[PDB]
Amino acid sequence: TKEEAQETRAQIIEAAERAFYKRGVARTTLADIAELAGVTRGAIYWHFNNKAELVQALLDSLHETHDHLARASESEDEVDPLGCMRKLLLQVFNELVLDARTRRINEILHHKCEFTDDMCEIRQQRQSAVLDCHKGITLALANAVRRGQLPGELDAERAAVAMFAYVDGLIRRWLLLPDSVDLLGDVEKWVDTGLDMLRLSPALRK
Amino acid sequence: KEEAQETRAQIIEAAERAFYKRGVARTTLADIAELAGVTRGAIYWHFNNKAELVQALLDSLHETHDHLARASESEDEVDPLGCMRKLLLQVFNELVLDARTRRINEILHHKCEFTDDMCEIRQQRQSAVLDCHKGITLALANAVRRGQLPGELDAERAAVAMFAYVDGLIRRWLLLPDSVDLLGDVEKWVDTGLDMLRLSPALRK
Ligand SMILES: CN(C)[C@@H]1C(O)=C(C(N)=O)C(=O)[C@@]2(O)C(O)=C3C(=O)c4c(O)cccc4[C@@](C)(O)[C@H]3C[C@@H]12
């Protein structure tokens with residue numbers, strides 16, 4: 001409930017993003033995240049025990065902007081879940097293009113963050129999160145089955161992986177070669193292309 | 001050879017070992033050299049720097065599929081889409097059965113940072129992806145020229161959609177393998193992809 005410590009936590013997060021982004025997550029110490037932030041070594045430790053905790057705080061911020069539509073899509077009480085899933089994807093893509101903060105954490109996540117046995121928790125955290133995310137899209141896809149928006153004999157599980165794979169590879173393609181996906185201009189196409197596969201692909205049924 | 005040609009294959013092997021253990025960012029050539037039992041100078045005779053080693057591991061992934069790739073990319077092929085099916089199935093098989101291929105993909109996706117202290121890695125990957133992208137395009141185009149796919153079909157985007165999907169499937173399997181019976185369901189996983197390209201209006205113009 002104090003405020004200096006809420007200010008200081010929010011500045012460690014900013015510095016970390018800028019640091020991890022220049023030097024990468026591998027060779028960046030917490031001492032480093034200190035000098036850049038203006039703060040003190042001790043303060044980073046009060047706030048974060050280790051760098052894997054910090055990285056986790058970063059990955060976690062990405063789910064905040066989307067919580068609403070995510071929760072709506074998966075509630076069995078939603079009238080239009082495919083509807084919420086389509087708007088979620090439009091928002092994910094839009095936020096990625098407009099918001100430099102999101103583009104950078106994604107860049108840290110995809111191109112600047114090694115899984116080395118020396119730092120085992122980076123990978124575990126990441127596994128957990130993809131399983132989480134996985135959980136969600138499944139409940140959601142199965143809801144669009146009941147309500148007759150997706151084919152009735154769909155395999156939610158596999159369909160979820162298909163879609164996740166598709167969204168993940170596309171975000172990554174765009175971070176590597178933005179000038180090859182007019183992702184802002186065509187966002188509707190890219191999102192719908194993914195959904196297409198889910199509703200029509202015969203190999204996703206059963 | 002005189003001074004070994006093989007020394008090369010031995011440096012590449014120690015590079016995979018070091019890279020897989022400590023990652024690309026913090027492996028030095030002295031690490032690689034001690035791992036291979038040679039000196040830094042022996043490394044310098046085959047490679048100018050670390051980005052050259054990474055490059056050579058990356059470029060080693062392409063050999064196996066070589067002929068099925070050219071086959072798809074050739075106009076004179078009777079069955080371009082079937083050649084892409086054969087290729088995807090091999091990509092998935094080799095990845096699941098060959099520890100060497102699994103380890104290098106794992107280096108590439110999860111143990112290789114792009115940082116401006118070396119920008120060559122990011123650049124090498126970029127051209128690598130455009131190269132491959134260009135191949136998919138010409139592949140998708142033939143399948144259209146012979147009515148294996150829908151008509152006048154927007155290739156460029158279906159290409160990107162293809163690569164995105166395969167790429168993210170691989171990465172998904174490297175992260176959580178016991179959640180994609182990749183080996184066992186290879187047929188379904190490949191075709192889900194191919195179904196996208198033929199049955200998706202959004203990929204039509
Ligand atoms: C080791 N792994 C198996 C291969 C690889 O080294 C890749 C890489 N970027 O290093 C892939 O992206 C690789 O995983 C990959 O994504 C490949 C493809 O996407 C395709 C697609 O989609 C269609 C036709 C041909 C290919 C391909 C030959 O380029 C595939 C090569 C794949």
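Residue numbering restarts at 1 for every chain, and letters A, B, ... go by the order of the sequence lines. Both ligands and their constituent atoms are indexed starting at 1 by order of listing.
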I can't remember which of evatanepag, dexverapamil, tetracycline, cediranib is at ligand 1. Can you help? tetracycline
Tetracycline: macromolecule with most heavy-atom contacts, named per the PDB entry: HTH-type transcriptional regulator ttgr
Other chains, non-hydrogen atoms under 4.0 Å from tetracycline: B
Identify the organism from which chain B comes, per the entry. Pseudomonas putida
Residues lining tetracycline, heavy atoms within 4.0 Å: B:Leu61, B:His65, B:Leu87, B:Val91, B:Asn105, B:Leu108, B:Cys132, B:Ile136, B:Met162, B:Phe163, B:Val166, B:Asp167, B:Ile170
